[PDB]
J.: 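Model shown: Orexin receptor type 2,GlgA glycogen synthase,Hypocretin receptor-2 + suvorexant.
Position 1 is the first residue of the sequence, and the numbers go up from there. Numbering of ligands and ligand atoms starts at 1, following listing order.
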Amino acid sequence: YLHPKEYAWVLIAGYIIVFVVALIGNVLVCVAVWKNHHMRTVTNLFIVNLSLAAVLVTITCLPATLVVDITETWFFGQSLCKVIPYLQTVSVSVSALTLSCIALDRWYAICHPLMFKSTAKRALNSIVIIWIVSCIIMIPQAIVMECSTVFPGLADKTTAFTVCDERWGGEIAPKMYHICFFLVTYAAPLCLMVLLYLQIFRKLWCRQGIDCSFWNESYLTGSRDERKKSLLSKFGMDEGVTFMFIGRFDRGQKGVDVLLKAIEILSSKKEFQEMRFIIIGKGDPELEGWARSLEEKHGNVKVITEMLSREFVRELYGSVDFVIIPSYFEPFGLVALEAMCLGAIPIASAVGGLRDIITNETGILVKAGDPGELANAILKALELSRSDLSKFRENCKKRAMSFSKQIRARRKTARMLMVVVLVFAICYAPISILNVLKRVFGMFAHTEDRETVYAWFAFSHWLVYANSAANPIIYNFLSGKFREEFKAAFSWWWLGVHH
Ligand SMILES: Cc1ccc(-n2nccn2)c(C(=O)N2CCN(c3nc4cc(Cl)ccc4o3)CC[C@H]2C)c1
Ligand SMILES: [N+]
Ligand SMILES: [N+]
């Protein structure tokens with residue numbers, strides 16, 4: 001009789017630790033969202049769902065798995081031989097489908113051009129769908145689980161035990177079921193989340209975000225008046241209200257065609273004589289020739305096709321009155337953040353990130369396709385410029401800092417969510433390969449070392465339950481709001497504060 005295992009001490013200890021940690025942590029997640037209305041976000045409603053799935057399996061499956069792995073015997077009868085494996089797979093499905101909808105919700109918010117944000121009622125409905133789908137697609141698992149009894153002995157049996165395992169009537173079905181199980185609970189959702197989070201990362205960290213250490217007013221000297229006077233002097237222009245465009249020259253993207261048409265519109269107006277235009281860029285030679293014809297015709301229009309250093313551009317932002325951003329399409333809007341940080345108040349098409357950045361007290365928005373709209377906005381800016389614009393310049397700087405912090409907050413949430421996904425991928429990797437190798441490829445049949453293989457399965461099961469314990473710990477280290485509410489919990493229980 002084989003009896004005892006060398007690793008039972010650590011398996012029992014690790015299950016006790018994970019049980020306590022997973023139960024308390026996931027309950028506190030629920031408590032944090034339920035007790036604090038400011039935590040009620042679609043992301044956090046999904047996170048609550050994850051914690052409910054983890055509580056479910058922590059209570060109904062973890063204790064059974066410990067006993068089975070230690071004893072290789074099923075003590076809990078026929079109904080629980082079906083119910084517990086069913087709950088386990090339903091919870092895995094809930095976890096991976098919840099993680100998936102977390103990722104899709106973030107992709108629409110951050111990556112989609114209209115930046116969709118889901119209501120809490122909509123999130124709840126999604127949560128209901130997740131549970132219904134999961135309970136339905138795991139019905140086969142409940143069907144296939146069976147207890148078998150074994151009679152060990154030579155002649156007359158004197159003892160017996162019952163084990164709980166899958167019952168297949170052919171070699172094809174278990175292969176197909178467990179192929180699908182790997183794809184539905186692990187492989188497909190992971191691929192979906194890696195792709196979605198790669199674009200999110202790419203938008204949040206690399207295409208969006210400004211060098212807040214380079215683009216600031218502190219590197220500028222003297223008053224804005226002194227600097228504008230000297231900029232126009234260096235550019236051979238008279239004093240006046242100064243508008244700047246900087247960007248590649250194209251039709252349908254950066255809008256220089258709209259600005260140049262708008263300049264033609266303005267040029268027959270008496271107000272045109274008070275305005276100065278600085279047009280910086282390169283591209284379509286037909287658009288370049290249009291700009292150069294206008295610069296030659298009009299003393300108050302300057303065109304720069306040469307490459308400027310970043311220090312030079314920063315001086316421009318810190319000298320001009322207004323920056324004109326007549327984009328058709330502008331997902332990120334670095335010009336607006338850069339210009340606003342240096343006090344230049346933006347006149348921009350209401351598209352994309354420009355519409356996100358610019359408010360009614362921090363710039364002038366115009367229809368992205370309309371040259372007459374841009375001309376009217378430039379005229380309004382001239383009249384604004386007849387008075388002190390300092391309050392407006394301060395509003396721009398403050399708004400740009402606030403946006404930068406806002407980008408930063410989205411980064412912290414996204415980084416935390418990617419860590420959760422990574423920890424899910426790791427914790428479920430071992431069981432997934434063992435399950436595929438065993439059920440699809442028929443390995444471990446011949447038990448030349450059944451001991452090592454059984455040990456690998458027991459570690460892999462524990463690691464699955466450890467995932468339930470890890471998620472609240474991740475939120476504590478990577479989320480300041482969860483950390484504070486966790487702290488509130490520990491103080492209400494150990495101390496009794498009730499904050
Ligand atoms: C214990 C445990 C935990 C997680 C598992 N997982 N694999 C992939 C994803 N998650 C598995 C596992 O290999 N699964 C999942 C469902 N199954 C299962 N058997 C169980 C036995 C006990 Cl005592 C308790 C729960 C049980 O769930 C039988 C099918 C099989 C494929 C088993
Ligand atoms: N430039
Ligand atoms: N416009």
J.: Curious which chain letters or ligand numbers map to suvorexant here.
T.: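 Look at ligand 1.
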J.: Which residues from other chains neighbour suvorexant at a non-hydrogen distance under 4.0 Å?
T.: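 At that heavy-atom cut-off, the site is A64, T65, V68, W74, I84, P85, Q88, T89, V92, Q141, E166, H178, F181, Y428, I431, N435, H461, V464, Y465.
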